[PDB]
Amino acid sequence: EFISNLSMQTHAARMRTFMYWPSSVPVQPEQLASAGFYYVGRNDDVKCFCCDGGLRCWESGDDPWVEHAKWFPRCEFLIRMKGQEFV
Ligand SMILES: CN[C@@H](C)C(=O)N[C@H](C(=O)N1CCC[C@H]1c1nc(C(=O)c2ccc(F)cc2)cs1)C1CCCCC1
Ligand SMILES: [Zn+2]
């Protein structure tokens, strides 16, 4: 129910934070932002606007939605978008 970062509630706002995303990181800002993540501005650290979970060390082939569900399966934004079955 409760949203940790209301300023990062829209995907456009989240996508804006990836302005200085390192291009050597092999995961795309558009998929990070769509999966609820915004960039904290250092290294490849991101957080989810809803559950406040953090993820780093993004690997080639990582799916932000799958990684979101692996580590933060009770995130209400995750469940709302992808369904309880996905988690
Ligand atoms: C391989 N695929 C990627 C997506 C993945 O699974 N990574 C994992 C991950 O990130 N995990 C696991 C759950 C918590 C979160 C972390 N959180 C932290 C922060 O300290 C932190 C603090 C603030 C932030 F904004 C971001 C992060 C450090 S480990 C780890 C996989 C092993 C190697 C280390 C990273
Ligand atoms: Zn979340």
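Along the sequence shown, the residues carry numbers beginning at 1. All values below were derived from every heavy atom in this structure, side-chain atoms included, with hydrogens, water molecules and symmetry-related copies excluded. For ligands, and for the atoms within them, numbers begin at 1 and follow the listed sequence.
Contact analysis gives the chain with most pairs under 4.5 Å to ligand 1 as the one the PDB entry calls Baculoviral IAP repeat-containing protein 2.
Of the candidates GSK126, AEE788, MK-591, GDC-0068, LCL161, the one located at ligand 1 is LCL161. Below 4.0 Å from some heavy atom of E59 lie the following atoms of LCL161 (ligand 1), by number and element: 1 (C).
At least one N or O atom of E67 sits closer than 3.5 Å to an N or O atom of LCL161 (ligand 1).
Within a 4.0 Å radius of atom 27 (C) of LCL161 (ligand 1), the protein has at least one heavy atom. Under the 4.0 Å distance rule, the nearest protein heavy atom to atom 32 (C) of LCL161 (ligand 1) falls outside the cut-off. Proximity to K47 (heavy-atom distance under 4.0 Å) selects the following atoms of LCL161 (ligand 1): 23 (C), 25 (F). Atoms of LCL161 (ligand 1) found under 4.0 Å from any heavy atom of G54, numbered from 1 in the order shown, are 14 (C), 15 (C), 16 (C), 17 (N), 26 (C), 27 (C). In terms of protein heavy-atom proximity, atom 6 (O) of LCL161 (ligand 1) is closest to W71 NE1, 2.9 Å. Considering only non-hydrogen protein atoms, atom 34 (C) of LCL161 (ligand 1) sits nearest to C57 SG, 3.9 Å. For atom 10 (O) of LCL161 (ligand 1), the nearest protein heavy atom (residue, atom name, distance) is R56 N, 2.9 Å.
Remark: LCL161 (ligand 1) atoms within the under-4.0 Å shell around heavy atoms of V46 are 24 (C), 25 (F), 26 (C).
Counting only non-hydrogen atoms, the option in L55, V27, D62, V40 that gets closest to atom 2 (N) of LCL161 (ligand 1) is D62. Under a heavy-atom cut-off of 4.0 Å from LCL161 (ligand 1), the UniProt Zn(2+)-binding residues of chain A that qualify: none. Set against the non-hydrogen atoms of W58, the atoms of LCL161 (ligand 1) under 4.0 Å away are 4 (C).
The shell of residues around LCL161 (ligand 1) (heavy atoms under 4.0 Å) is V40, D45, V46, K47, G54, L55, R56, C57, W58, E59, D62, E67, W71.
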